[PDB]
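Complex: foretinib / Ephrin type-A receptor 2.
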Amino acid sequence: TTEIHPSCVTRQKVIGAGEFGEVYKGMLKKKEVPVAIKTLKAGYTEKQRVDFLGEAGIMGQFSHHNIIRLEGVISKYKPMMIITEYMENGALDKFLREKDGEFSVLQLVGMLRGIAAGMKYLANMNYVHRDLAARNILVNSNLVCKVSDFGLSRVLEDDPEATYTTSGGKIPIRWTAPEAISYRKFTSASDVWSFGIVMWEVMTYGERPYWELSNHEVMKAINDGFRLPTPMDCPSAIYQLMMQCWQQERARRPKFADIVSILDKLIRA
Ligand SMILES: COc1cc2c(Oc3ccc(NC(=O)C4(C(=O)Nc5ccc(F)cc5)CC4)cc3F)ccnc2cc1OCCCN1CCOCC1
């Protein structure tokens, strides 16, 4: 994992903030390159500093067009920084809502193909995402979609003195396959279930899955056999692909390799 020299980075503008810390737009110096810069909140524990840097090391392993690129880290000075390629259009779910109705079906299917190609790469690396959702897909100015994991599932509001703490990150119920909710059996096939949910987010221009249902209401519906309905102006072939992703038996779900091929074929026809 590349350590970046602080003289090569300038922070220009905060573009997001929370209890993790902040995200900035900045430049990385060759002509300079725009970057996102994620910082660590002041007062982190040694566990948080190690985890923060450990996540950057995980991201640095990947090298794919449809996976957010890590330029490097600043770990030797404060504030510590994770420095990534900049994605002009931000998160996909927000982007689609801002662009409601403004894309052709072919363009939306192209976004899904890019996400699937990133996931196929992750699957071939034996990496299970566990939080595949449009909020974790980033969009650049050319509308290229790239897989990321900011780590929202691993922010914990546990009291530092609590008797009971969350172990192993929280799970996004509306995005998670049934065998992963029940038995914590997370695999690429449970990611494929999540991909089907992303397909529905995309074809609805960012509707919240099951929005009228509580989390328990969602798990009951799925267990009763309910599946998200066909969005208006969703082609039949795309909805069939969604339904295959949502097969109760994980062995019957397509592989990300298959999804990429299926989407490629539709795009050429
Ligand atoms: C808040 O706004 C933005 C945040 C961005 C961003 O943030 C991050 C996302 C993920 C990570 N990931 C990580 O820190 C990690 C990760 O992703 N690991 C990982 C794990 C698995 C995997 F497959 C890939 C990556 C943990 C390391 C780090 C980030 F800093 C990265 C790139 N571009 C961004 C653009 C943003 O707005 C652009 C302007 C949008 N406008 C729209 C219109 O309204 C105004 C705003």
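All residue numbers given for chain A refer to the PDB entry; the residues shown span 605-633, 638-877 in order. We use all heavy atoms of the structure for the numbers below, so side chains are in, but hydrogens, waters and symmetry mates are not. Atoms within a ligand are numbered from 1 in the order they appear, just like the ligands themselves. Recorded method is X-ray crystallography, 1.8 Å.
- In this structure, atom 19 (C) of foretinib has protein heavy atoms in its sub-4.0 angstrom surroundings.
- For foretinib, the nearest UniProt active-site residue in chain A, with the shortest heavy-atom distance to 1 Å, is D739, 9 Å.
- Residue contacts with foretinib include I619, since one or more of its heavy atoms lies under 4.0 Å from the ligand.
- Both criteria (UniProt ATP-binding in chain A; heavy atom under 4.0 Å from foretinib) are met by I619, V627, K646.
- Protein heavy atom at the shortest distance from atom 42 (C) of foretinib is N697 O, 4.2 Å.
- Of all atoms in foretinib, listed by their number and element, those nearer than 4.0 Å to a heavy atom of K646 are 14 (O), 30 (F).
- Annotation for foretinib: atoms under 4.0 Å from non-hydrogen atoms of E696 are 38 (C), 39 (C), 40 (C).
- For atom 33 (N) of foretinib, the closest non-hydrogen atom of the protein is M695 N, 3.0 Å.
- Heavy atoms of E693 found under 4.0 angstrom from foretinib belong exclusively to the backbone.
- Nearest non-hydrogen protein atom to atom 11 (C) of foretinib is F758 CD1, 3.9 Å.
- Atom numbering of foretinib starts at 1 in the shown order; those under 4.0 Å from a heavy atom of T692 are 31 (C), 32 (C).
- Atom 17 (O) of foretinib has its closest protein heavy atom at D757 N, 2.9 Å.
- The shortest contact between atom 22 (C) of foretinib and any protein heavy atom is with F670 CE1, 3.9 Å.
- Contact annotation for atom 15 (C) of foretinib: protein present (non-hydrogen atoms, distance under 4.0 Å).
- Under the PDB entry, the species noted for chain A is Homo sapiens.
- Under 4.0 angstrom from foretinib, the non-hydrogen atoms of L730 all belong to its side chain.
- The protein non-hydrogen atom at the shortest distance from atom 43 (C) of foretinib is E706 OE1, 3.8 Å.
- Mapped onto UniProt domains, most residues of chain A near foretinib sit in Protein kinase.
- Only the side chain of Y735 comes within 4.0 Å of foretinib, judged by heavy-atom distances.
- With respect to atom 7 (O) of foretinib, the closest heavy atom belonging to the protein is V627 CG1, 3.8 Å.
- For atom 6 (C) of foretinib, the closest non-hydrogen atom of the protein is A644 CB, 3.6 Å.
- Binding site of foretinib at 4.0 Å (heavy atoms): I619, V627, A644, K646, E663, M667, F670, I675, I676, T692, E693, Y694, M695, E696, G698, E706, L730, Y735, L746, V755, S756, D757, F758.
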